[PDB]
Engineer: 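Encoded as structure tokens, here's the structure I'll be asking about.
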Amino acid sequence: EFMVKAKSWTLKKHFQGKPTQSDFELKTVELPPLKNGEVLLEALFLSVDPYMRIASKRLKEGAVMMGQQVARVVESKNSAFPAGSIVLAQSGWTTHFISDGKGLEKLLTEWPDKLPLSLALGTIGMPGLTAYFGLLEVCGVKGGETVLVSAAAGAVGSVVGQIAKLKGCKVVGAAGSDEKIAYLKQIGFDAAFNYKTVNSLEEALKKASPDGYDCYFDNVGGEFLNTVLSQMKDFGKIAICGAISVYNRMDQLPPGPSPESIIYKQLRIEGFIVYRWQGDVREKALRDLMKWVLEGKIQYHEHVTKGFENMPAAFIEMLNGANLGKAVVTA
Amino acid sequence: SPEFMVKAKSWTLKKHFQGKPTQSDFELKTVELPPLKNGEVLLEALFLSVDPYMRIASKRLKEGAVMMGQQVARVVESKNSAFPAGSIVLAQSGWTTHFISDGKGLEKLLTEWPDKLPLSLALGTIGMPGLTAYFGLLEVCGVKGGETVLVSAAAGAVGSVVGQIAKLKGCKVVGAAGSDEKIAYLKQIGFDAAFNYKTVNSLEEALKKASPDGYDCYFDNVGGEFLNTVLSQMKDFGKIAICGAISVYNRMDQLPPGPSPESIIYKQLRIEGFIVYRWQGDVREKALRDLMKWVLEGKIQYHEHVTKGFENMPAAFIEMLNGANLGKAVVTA
Ligand SMILES: NC(=O)c1ccc[n+]([C@@H]2O[C@H](COP(=O)([O-])OP(=O)(O)OC[C@H]3O[C@@H](n4cnc5c(N)ncnc54)[C@H](OP(=O)(O)O)[C@@H]3O)[C@@H](O)[C@H]2O)c1
Ligand SMILES: NC(=O)c1ccc[n+]([C@@H]2O[C@H](COP(=O)([O-])OP(=O)(O)OC[C@H]3O[C@@H](n4cnc5c(N)ncnc54)[C@H](OP(=O)(O)O)[C@@H]3O)[C@@H](O)[C@H]2O)c1
Ligand SMILES: COc1ccc2c(c1)c(CC(=O)O)c(C)n2C(=O)c1ccc(Cl)cc1
């Protein structure tokens, strides 16, 4: 018997504005031996996500940061999760974790070795499912429509654009760098603009689509959303997925949208949470995402930070827009 | 047969509104009308509407133009076979006492109109605002029975109809209005709860007090900060019908902070704007017949806030925006 030392990232201090390296503190803990019905997990790939900026509020200062990871079962006294098997675990930022099967999800069966397991945290996982349902259910695209997506080169945004493309939609993206814009055009976005460098957001959205937009997949909220409303087609739909423009500054209230746009254009605005879709419909969506990736219809890119010690940085840099595609940390 | 000249009075927009409208923004003009040509009719205003939309629509006017709006008018004289002298029409002829029409923009009054119902109802409960309430509640909110419904400006033209249709459809209704008199009126016509949003110590407390289980639909007539407060009270997958936003009409370019993304996402709320004119033809006509039936059955009680005299019309409009009116604001010429 050898002692397993689990390293964990803790919330040393609550976030003020943008998170900093010193808001985090590593702890090391010797784990106990497994009881029957339990497994020992070792992190392979750990996700960092925007929601961690929000969820960190409810944490008691000193607790382990929340999050999902892909982990290998090292030791098992649980027959549902044999040693060597791979699981999705809501175990937070930790190198090793003991579970009784509680928050454990088996990866899609028939998972191809050609596909990196870290895709289970992105395109073929929660962000991909958010994109799938937000676009296909909330916006309800069926072909011919013009779709705008913000944070277009991120984990959710990249999938939205490419699914909208395969559905026969015209797709416009807004992202935060020229490199991101170059990438977006090369994966099928019909138009893409850098939102930081616009002369006028109004004219940028006008140039991208002079006839306006059928669907806005909103990842950023704030004043971007407000400007978008003025350019929605009548009876247009806005899927409120996130509001990242207002996560680092939840204290500073964003100015009101135009009642004129919402009323005159008779717009529909709908917030959604990915977890709303369960059972058969969720499994089918995961199979769809898997198939579209295997068919090269959803290209993927992962923004990989190598090393568990670098996990705080990966999260900070992702919030600031360093990532093209899903931000993932390898142990 | 000797003919006498007709003098038409009109209220013009002297100056575009800046913040709250005032009397000085309006200028009365008197025009001697030409004789009727063949195909034309002379109309005399009976009842003229004042409405919130006029605060926004005014921005498109050229200064010196007649203020826009709908009226119930009588055909005084007619050289148009389609419009008999003595018949009653609705016309979007604006704030004017008399006008000449070639028939183009004239809506014949709803047939089978009973004497016992004041014609001015055609501009409120059995008219545009009643249709707004009808479709806003039944089609946008989509009530089926059992829902808890919140309505702002509850004692106004639209709001009073909303609450009463909701009660006859089997819903629980909560109203917010700006005076104690209005609150007592709301309770009297069947609202389950009603509160004065101006005088309550906390707006959030009053909403939780009125409905602990929260709200299935909010029929929003006011928007602004009031709407922001309501979202925290909404039920999961609740609906907000964006009918109007009167609390911001005076400050469209200086808006207050907007809705909470947390509330909209976390509760998965559905917000929809709508325009009453979306519903036309048979669906619109049936809605009107339904409204009249429910009025005649006593399921929809009405009150009108009547201003006597055309020269009092700008004041009627100003005070309606300021909340003087219980029920539909209307000017009797
Ligand atoms: N409703 C749901 O169930 C659900 C689920 C998952 C995610 N979400 C939401 O979806 C959004 C994207 O999530 P993700 O996981 O795909 O992350 P992501 O897009 O891969 O990463 C976040 C990106 O947002 C952009 N960003 C950061 N600050 C911004 C700001 N000030 N204004 C505009 N853009 C900014 C950055 O890219 P740029 O270079 O383009 O600025 C950054 O790369 C988030 O808002 C998240 O909360 C919602
Ligand atoms: N979408 C459409 O097709 C359509 C059609 C018709 C009407 N509307 C809208 O529906 C709303 C009501 O119309 P209406 O014709 O029935 O007018 P109304 O309610 O009869 O009269 C306006 C009322 O708004 C209230 N109000 C004024 N300022 C306010 C403020 N700052 N905060 C909260 N309430 C305020 C006042 O009542 P209180 O005493 O309660 O404050 C006032 O009596 C308006 O917003 C209008 O634009 C929309
Ligand atoms: C426990 O199931 C959920 C469901 C949805 C959630 C979260 C957790 C968290 C994390 C948390 O618990 O705070 C976030 C951030 N969720 C959002 O979708 C969201 C996104 C943007 C805004 Cl603005 C508000 C909410």
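Residue numbering restarts at 1 for every chain, and letters A, B, ... go by the order of the sequence lines. All values below were derived from every heavy atom in this structure, side-chain atoms included, with hydrogens, water molecules and symmetry-related copies excluded. Structure determined by X-ray crystallography, 2.0 Å. When a ligand or atom number is given, it counts from 1 through the structure's own listing order.
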Engineer: Any idea which macromolecule ligand 3 contacts most in this entry, and what UniProt calls it?
Structural biologist: Prostaglandin reductase 1
Engineer: Tell me the name of the drug molecule at ligand 3.
Structural biologist: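 The drug there is indometacin.
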Engineer: Could you check which other chains have heavy atoms less than 4.0 Å from indometacin (ligand 3)?
Structural biologist: A, B
Engineer: Measuring to protein heavy atoms, does anything land under 4.0 Å from atom 8 (C) of indometacin (ligand 3)?
Structural biologist: no
Engineer: May I ask you to check whether A:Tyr247 has an N/O atom sitting below 3.5 Å from an N/O atom of indometacin (ligand 3)?
Structural biologist: no
Engineer: Which organism does the PDB annotate as the origin of chain B?
Structural biologist: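 The entry records the organism as Cavia porcellus.
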Engineer: Output yes when a protein non-hydrogen atom is found under 4.0 Å of atom 1 (C) of indometacin (ligand 3), and no otherwise.
Structural biologist: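 Answer no: nothing from the protein, no heavy atom, is under 4.0 Å.
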Engineer: State the other ligands and ions under 4.0 Å from indometacin (ligand 3); answer none if there are none.
Structural biologist: ligand 1 (NADP nicotinamide-adenine-dinucleotide phosphate)
Engineer: Identify, for atom 15 (C) of indometacin (ligand 3), the protein heavy atom at the shortest distance, and state residue, atom and that distance.
Structural biologist: A:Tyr51 CB, 3.5 Å
Engineer: Just to be sure I'm reading this right: ignoring hydrogens, which of A:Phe272, B:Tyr266, A:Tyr275 gets closest to atom 25 (C) of indometacin (ligand 3)? Compare them by their nearest heavy atoms.
Structural biologist: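 Nearest heavy atom to atom 25 (C) of indometacin (ligand 3) lies in B:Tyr266.
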Engineer: Please could you name the atoms of indometacin (ligand 3) that A:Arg58 approaches to less than 4.0 Å, counting only its heavy atoms?
Structural biologist: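 Those qualifying, in numeric order: 11 (C), 13 (O).
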Engineer: With heavy-atom distances below 4.0 Å as the criterion, list the atoms of indometacin (ligand 3) near A:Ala55.
Structural biologist: 10 (C), 11 (C), 13 (O)
Engineer: Which residues of other chains have a non-hydrogen atom closer than 4.0 Å to indometacin (ligand 3)?
Structural biologist: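 Heavy-atom contacts: A:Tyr51, A:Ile54, A:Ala55, A:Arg58, A:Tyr247, A:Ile273, B:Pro261, B:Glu262, B:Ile265, B:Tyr266.
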